[PDB]
There are 6 protein chains.
Amino acid sequence: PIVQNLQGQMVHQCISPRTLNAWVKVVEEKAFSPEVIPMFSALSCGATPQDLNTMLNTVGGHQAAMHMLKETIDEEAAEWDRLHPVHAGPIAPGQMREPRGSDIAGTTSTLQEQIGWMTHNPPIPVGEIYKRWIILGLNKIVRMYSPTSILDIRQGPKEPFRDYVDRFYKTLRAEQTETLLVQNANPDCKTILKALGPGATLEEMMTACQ
Amino acid sequence: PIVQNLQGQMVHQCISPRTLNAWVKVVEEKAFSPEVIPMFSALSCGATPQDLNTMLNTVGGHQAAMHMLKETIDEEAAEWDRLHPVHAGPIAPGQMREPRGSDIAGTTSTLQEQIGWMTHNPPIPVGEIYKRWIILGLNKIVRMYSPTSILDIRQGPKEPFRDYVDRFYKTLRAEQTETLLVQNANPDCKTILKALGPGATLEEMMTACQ
Amino acid sequence: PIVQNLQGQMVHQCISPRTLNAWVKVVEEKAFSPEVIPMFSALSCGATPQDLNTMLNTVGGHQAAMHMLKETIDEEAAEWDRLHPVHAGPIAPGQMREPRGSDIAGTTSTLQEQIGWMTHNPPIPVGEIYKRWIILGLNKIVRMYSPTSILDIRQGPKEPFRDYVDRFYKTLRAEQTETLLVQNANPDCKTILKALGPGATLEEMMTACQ
Amino acid sequence: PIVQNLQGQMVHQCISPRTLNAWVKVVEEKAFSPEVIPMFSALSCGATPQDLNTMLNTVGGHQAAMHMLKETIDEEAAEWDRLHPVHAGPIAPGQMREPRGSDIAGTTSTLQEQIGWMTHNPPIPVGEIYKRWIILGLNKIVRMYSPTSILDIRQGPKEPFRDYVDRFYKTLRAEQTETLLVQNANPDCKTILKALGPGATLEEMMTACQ
Amino acid sequence: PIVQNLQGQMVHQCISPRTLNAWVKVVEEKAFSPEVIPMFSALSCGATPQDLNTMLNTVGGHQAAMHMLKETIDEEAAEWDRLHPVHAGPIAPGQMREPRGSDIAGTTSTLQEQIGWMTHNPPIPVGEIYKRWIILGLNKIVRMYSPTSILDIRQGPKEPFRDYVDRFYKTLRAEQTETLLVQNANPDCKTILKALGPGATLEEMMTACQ
Amino acid sequence: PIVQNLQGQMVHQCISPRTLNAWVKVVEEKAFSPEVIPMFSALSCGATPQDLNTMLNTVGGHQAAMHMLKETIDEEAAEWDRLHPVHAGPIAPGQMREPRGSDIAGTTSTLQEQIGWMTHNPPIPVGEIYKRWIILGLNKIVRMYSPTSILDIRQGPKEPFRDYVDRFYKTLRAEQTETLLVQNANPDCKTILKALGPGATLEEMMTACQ
Ligand SMILES: CC(C)(C#Cc1ccc(-c2ccc(Cl)c3c(NS(C)(=O)=O)nn(CC(F)(F)F)c23)c([C@H](Cc2cc(F)cc(F)c2)NC(=O)Cn2nc(C(F)(F)F)c3c2C(F)(F)[C@@H]2C[C@H]32)n1)S(C)(=O)=O
Ligand SMILES: CC(C)(C#Cc1ccc(-c2ccc(Cl)c3c(NS(C)(=O)=O)nn(CC(F)(F)F)c23)c([C@H](Cc2cc(F)cc(F)c2)NC(=O)Cn2nc(C(F)(F)F)c3c2C(F)(F)[C@@H]2C[C@H]32)n1)S(C)(=O)=O
Ligand SMILES: CC(C)(C#Cc1ccc(-c2ccc(Cl)c3c(NS(C)(=O)=O)nn(CC(F)(F)F)c23)c([C@H](Cc2cc(F)cc(F)c2)NC(=O)Cn2nc(C(F)(F)F)c3c2C(F)(F)[C@@H]2C[C@H]32)n1)S(C)(=O)=O
Ligand SMILES: CC(C)(C#Cc1ccc(-c2ccc(Cl)c3c(NS(C)(=O)=O)nn(CC(F)(F)F)c23)c([C@H](Cc2cc(F)cc(F)c2)NC(=O)Cn2nc(C(F)(F)F)c3c2C(F)(F)[C@@H]2C[C@H]32)n1)S(C)(=O)=O
Ligand SMILES: CC(C)(C#Cc1ccc(-c2ccc(Cl)c3c(NS(C)(=O)=O)nn(CC(F)(F)F)c23)c([C@H](Cc2cc(F)cc(F)c2)NC(=O)Cn2nc(C(F)(F)F)c3c2C(F)(F)[C@@H]2C[C@H]32)n1)S(C)(=O)=O
Ligand SMILES: CC(C)(C#Cc1ccc(-c2ccc(Cl)c3c(NS(C)(=O)=O)nn(CC(F)(F)F)c23)c([C@H](Cc2cc(F)cc(F)c2)NC(=O)Cn2nc(C(F)(F)F)c3c2C(F)(F)[C@@H]2C[C@H]32)n1)S(C)(=O)=O
Ligand SMILES: [Cl-]
Ligand SMILES: [Cl-]
Ligand SMILES: [Cl-]
Ligand SMILES: [Cl-]
Ligand SMILES: [Cl-]
Ligand SMILES: [Cl-]
Ligand SMILES: [Cl-]
Ligand SMILES: [Cl-]
Ligand SMILES: [Cl-]
Ligand SMILES: [Cl-]
Ligand SMILES: [Cl-]
Ligand SMILES: [Cl-]
Ligand SMILES: [Cl-]
Ligand SMILES: [Cl-]
Ligand SMILES: [Cl-]
Ligand SMILES: [Cl-]
Ligand SMILES: [Cl-]
Ligand SMILES: [Cl-]
Ligand SMILES: [Cl-]
Ligand SMILES: [Cl-]
Ligand SMILES: [Cl-]
Ligand SMILES: [Cl-]
Ligand SMILES: [Cl-]
Ligand SMILES: [Cl-]
């Protein structure tokens, strides 16, 4: 990644074994649960495009999702090229060529060029642009691998309301609400929630059905 | 987080895999026991609003509590806006716009803006303001998930006083005392504690009933 | 904690996940064995009052002892106030108000004030003052949870002297010696230790009874 | 490796136990799966030829592949010598002799010489040149140890399409595509994929056969 | 410990949780095997007397040995006082009082005084003086807990010579050689070692009896 | 070890618990397999003679090999003294006495002297000289503990060629080749390898017999 040294200069740093290992492990354990997106964004803090490609490549398995991820990256890269056409001309001394979509995705660009963009003044955050494309593609993967629709999350007749709400917002998060939460509650809690009226907080709802 | 480098300047640092992993693990193991609040405050030392949102998002499960947490944040953000209305005008060079509630909660603000507020002179500690809102909301979650009332913590007839006091203050902490501690002691220890008189220390009480 | 950077200035540092985790684990494993006091002092090296309160709060369980710890802190804080009454007056620019007992214990003081005291010239080591109160209170807890009196540590008739001495000084340490060590030895070793005479070293005693 | 200190100078650093251990472990667990190449490139970030040889030597087992790796290195080194013949002459003060293939592969060069090349201005990245040769040789090993041909990856009659696509691109990656993916789908999904037409995305294909 | 910062000044550092934990673990696992002495010396690199006392205090159990260790320290401290009598007089500004035995052992000295001695020019290495006393006392403990005499290490009639030599020098190290190694070899290997003659290396001896 | 600080000065560093622990563990797990030599060289990067002796002393067990290691060190030290006789004379201010063999092996030299040699300009790398002697002695240990001769590595009649080549070069490495690899192949693969002709690569040989 590109970190600021303790003197105030942005320099390149090798990705640490701890960072590499945490990413690999979170995919093995959590696959494409929603909370894998924040881990990816946090672990790739300050990442160059090379670091991002490293992290994606260390994933073994899930190659169907990884391939869908490439197609999303190609979609976003092609959109970047339609909005930012590279102008012909010799690059001035101490300056950087404009990045293409494939340069941001690290396929036609070197690490030294990525460092040049990211440490430019003003910087071209090719790492953050690429990370956004990846998180976009990861969100579609999370959505596709969501097993259950919110319409099928219904409170059991003897299911504690807390457990039901846990399953409800867990499902909702992956599908990516208030009145449906009441409608899918069991008869005994729905009656209590009816009498609470509208505008009740979740805490008030949970307190009323416990 | 925003740390001070070893030269004396406040700079941004990537959240470390150790910090991310410790937070995730403490929620898996301890859920919403009271001691999860100090871990959250310590792990988010110097955190930006983005880091705080990262930590909350890495939580898988407990989505009922996580949703109640958002409602508390929205309550606190809306109160921040009623007390701090943003004034219209162009921001002066080298200065920061006033933060709204949603900027403090990281929903309408960028990392660069959060760094600008937090490293301003004087700084606007949007991270500490947001952390306070979260700890406020976490405390209500801890209180709601407290299973047992202090009125039901009674010493067993052959229960060692030490074990009873352990359960008593554990329950008290989650519910968030002296005379009730005597009243709920078993007959044999209550008689001893009566004769100790008032103003006895816990150490004196424990010594008298062991 | 307040560490000295590699340039020679005392600056504040976030408590590390390693430090937090080690303290929690040592309490889970060792409870209030005597060797938990050195771990606490070493782990809270350079700690502010906030860090000390963090560490104590991360403890789950043992709330009877934790409450006795507060009473010892209140005793010591009140003694600090009787010896150091805060004088009325406006604090001069660049100076710190005198700390009260509750400021040292972090209940009425902010982190910024604690940093001001601890990095003052000369510094007011509110962290070390608070740590002393805590270690004082922890010692009383260790003493109270000591199960066995030294009078009941007697060498078994076929117990190796080494094992006996191990149990003896282990018990002695928690209770917090030479002639009692002989008196509680078994008949066969006591006869040997009699003939050694007084002023023998432990190594001489152990060698004589092995 | 050769890292840039926090002041801006490229200096040599001892390879860390974490880096050494991660490489050894990834070979024990993953052998020569494709994702072992990115781990090798990431763990040897900034590596000198000595560090690269260290990492390869810490591998126990797989000595058949390790020997094939040497033959690839010798092939590449000999090609380097045919393209870069070392010119005779005394090396000027403060300058470095031109590297031979065997100097890049660390067999006829010292660490001090490798540091001289890598920290030269402009630098001769003997580490990156050597790493490229190794990754080249590792790719041939991954290809040779690929057990299954893409022609044998066929969807089972009741196999979920997602699982099939996972096996397909996993196999494809090791062998190192769209129309073959349809042809090897089972009859029921092939009929659906026929009607989708050409130019469908993988996400559209997966959605249509789930 | 007292480390040199990356600028060239000797400053105090908190003992790290890793250092504390490694020492505790090595005592639990290896007790007083000989190789515990090098671990102690390496883990207490640069240690102050306070750090040394911390490490010894974190040991739970083995209190018989720990008490023998104090008696050795008192012996060495008293010898230090007989060779270095403290002269009466006011200490000059910026200078340190001469250390007594009990100051070196950290019982009558503060951390600030230990830092003053250790960072003086020339420094008084009270940490290294104390560490020497401890290693002296630890060596006597290792010697006392050595279970077997070298006279009882005899090669079994079908015991491989390598295994025998392993047990021999292991025992010798704890007891703290060549001709006895031959004498205790079994008849078949002794005959071979006789014919080798004197002045044979261990490698020659092992090769001859394998 | 002697590391270069982030400012460009060679200073001494305490050996880290991670380094100590990794060395101990690799000996417990791998004993004297060949790949233990690279781990030793990597873990002792920049090591002083004291650090090297520390690492060797932390080894418990294998004392037969450890003693053979001392004899190799004494051989090499005595050769160093025959090639570098120390000249009599007072050492000039700011200079270092010439090292003897026993000074390089850390037996008659202090840490401060080792730092003086290693940080001299030009430096006397007593650490690297000592490490070379140790690696020399470790290689003889690896060779002696090699169980199987290369003449006994023969491909089984139904053994996959890959597995055979794995055992072959593993054995060869410890014994420390092409035509013997063919001669020891089973009849079916030998016939194929005959027809390949000479000058075939290992990859061609493996491909032909799979
Ligand atoms: C990936 C990344 C770059 C980012 C970001 C990112 C940025 C901003 C915000 C956010 C912050 C505060 C508030 Cl009050 C709201 C809000 N208040 S509201 C009422 O909607 O108006 N909304 N937001 C999202 C915003 F900004 F997009 F609007 C927020 C979040 C929250 C952070 C958060 C997580 C948490 F657990 C508990 C919290 F209190 C806050 N994360 C989510 O909310 C995810 N989530 N989704 C849903 C669902 F879909 F089911 F409803 C559900 C959640 C849930 F909260 F977990 C919970 C079960 C409900 N994250 S990062 C930093 O992680 O690496
Ligand atoms: C989250 C965060 C930002 C913070 C803070 C924070 C700030 C200040 C203080 C504190 C410090 C010293 C004293 Cl003497 C008192 C006091 N003395 S008193 C008699 O009340 O007048 N009170 N306080 C709270 C104050 F300041 F709010 F008043 C304190 C605490 C204590 C720290 C502490 C924990 C501990 F274990 C043992 C200690 F000796 C001190 N924590 C609590 O006390 C929590 N607790 N709650 C209750 C209950 F409700 F059951 F009674 C019980 C506890 C308990 F102690 F654990 C024990 C069973 C009893 N924490 S952080 C730094 O953790 O990240
Ligand atoms: C908490 C903290 C801030 C502190 C400190 C602290 C400060 C000083 C000293 C100390 C140092 C050297 C000597 Cl020679 C003596 C001494 N010599 S003597 C003969 O008494 O006159 N006394 N002391 C205590 C002093 F200074 F208070 F006097 C010491 C200790 C010792 C350190 C130590 C531990 C150890 F294991 C072995 C050692 F060789 C030295 N620790 C204790 O002795 C604890 N202990 N208690 C008893 C008992 F009660 F049973 F007798 C027993 C021990 C025991 F040694 F473990 C052993 C079974 C016997 N610690 S910290 C740095 O840990 O974080
Ligand atoms: C070793 C090292 C130095 C390097 C590099 C390196 C350099 C660039 C790129 C890359 C980046 C973005 C795009 Cl969009 C494409 C592209 N888009 S495309 C449609 O082809 O035109 N192609 N590339 C390769 C390029 F550049 F060579 F063209 C890329 C990769 C990708 C990174 C990546 C991995 C991932 F998992 C998911 C992603 F979204 C992106 N890695 C691979 O693709 C490996 N892979 N191989 C195949 C197969 F063969 F089966 F098809 C398959 C993959 C797969 F993606 F995993 C997935 C199942 C399919 N890595 S490092 C940095 O790791 O240490
Ligand atoms: C604690 C500390 C501060 C220190 C130090 C310290 C200082 C110097 C030396 C040393 C170095 C090189 C040589 Cl050649 C000799 C030597 N050559 S010789 C022939 O005697 O003349 N002698 N020495 C000791 C010296 F200097 F004191 F003379 C040495 C050692 C050796 C280091 C070593 C360990 C090892 F495993 C293998 C090695 F090749 C070298 N350690 C020991 O030898 C311990 N040991 N003891 C005996 C026994 F008693 F059985 F014989 C046995 C050993 C043994 F080697 F393990 C092996 C089975 C035999 N350590 S530290 C740095 O560890 O933290
Ligand atoms: C200890 C230390 C200081 C050092 C060093 C050190 C220094 C240089 C080299 C080296 C580098 C590149 C090439 Cl191409 C050759 C070469 N090409 S060749 C055809 O012979 O002419 N030779 N060398 C040794 C040189 F330089 F001495 F010649 C090399 C090695 C190789 C590194 C390596 C390991 C590996 F696994 C795979 C590689 F591609 C390269 N290590 C070895 O080869 C060890 N080995 N031994 C044998 C055997 F004996 F069976 F044949 C076998 C190996 C084996 F490769 F593992 C494999 C099964 C065969 N290490 S360190 C840095 O580790 O800490
Ligand atoms: Cl790491
Ligand atoms: Cl790349
Ligand atoms: Cl794969
Ligand atoms: Cl509830
Ligand atoms: Cl980390
Ligand atoms: Cl954010
Ligand atoms: Cl979830
Ligand atoms: Cl009690
Ligand atoms: Cl940490
Ligand atoms: Cl506080
Ligand atoms: Cl609790
Ligand atoms: Cl004994
Ligand atoms: Cl490390
Ligand atoms: Cl090399
Ligand atoms: Cl091997
Ligand atoms: Cl799907
Ligand atoms: Cl640590
Ligand atoms: Cl001390
Ligand atoms: Cl104890
Ligand atoms: Cl042998
Ligand atoms: Cl470490
Ligand atoms: Cl030494
Ligand atoms: Cl041993
Ligand atoms: Cl093969």
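Naming: A, B, ... by sequence-line order, numbering from 1 per chain. Both ligands and their constituent atoms are indexed starting at 1 by order of listing. Per the header of the entry, the method used was X-ray crystallography, 2.3 Å. Hydrogens, waters and symmetry mates are skipped; everything else that's a heavy atom, side chains included, is used.
Drug at ligand 1: lenacapavir.
The chain sharing the greatest contact count with lenacapavir (ligand 1) is, according to the PDB entry, Capsid protein p24. Other chains with any heavy atom closer than 4.0 Å to lenacapavir (ligand 1): A, B.
Remark: lenacapavir (ligand 1) and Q50(B) share no N or O pair separated by less than 3.5 Å (distance only, no angle test). Residue-level proximity to lenacapavir (ligand 1) for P38(A) is carried by backbone and side chain together, each with a heavy atom below 4.0 angstrom. In this entry, the organism cited as the source of chain B is Human immunodeficiency virus 1. The ligand atoms of lenacapavir (ligand 1) that sit less than 4.0 angstrom from a heavy atom of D74(B) are 14 (Cl), 17 (N), 18 (S), 19 (C), 21 (O).
Within the 4.0 Å heavy-atom shell around lenacapavir (ligand 1) one finds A105(B). Taking each of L56(B), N53(B), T72(B) in turn, the one with a heavy atom nearest to atom 35 (C) of lenacapavir (ligand 1) proves to be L56(B).
Inclusion of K70(B) in the set of residues having an N or O under 3.5 Å from an N or O of lenacapavir (ligand 1) is warranted. Lab note: binding site of lenacapavir (ligand 1), heavy atoms under 4.0 Å, is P38(A), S41(A), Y169(A), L172(A), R173(A), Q50(B), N53(B), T54(B), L56(B), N57(B), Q63(B), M66(B), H67(B), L69(B), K70(B), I73(B), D74(B), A105(B), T107(B), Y130(B).
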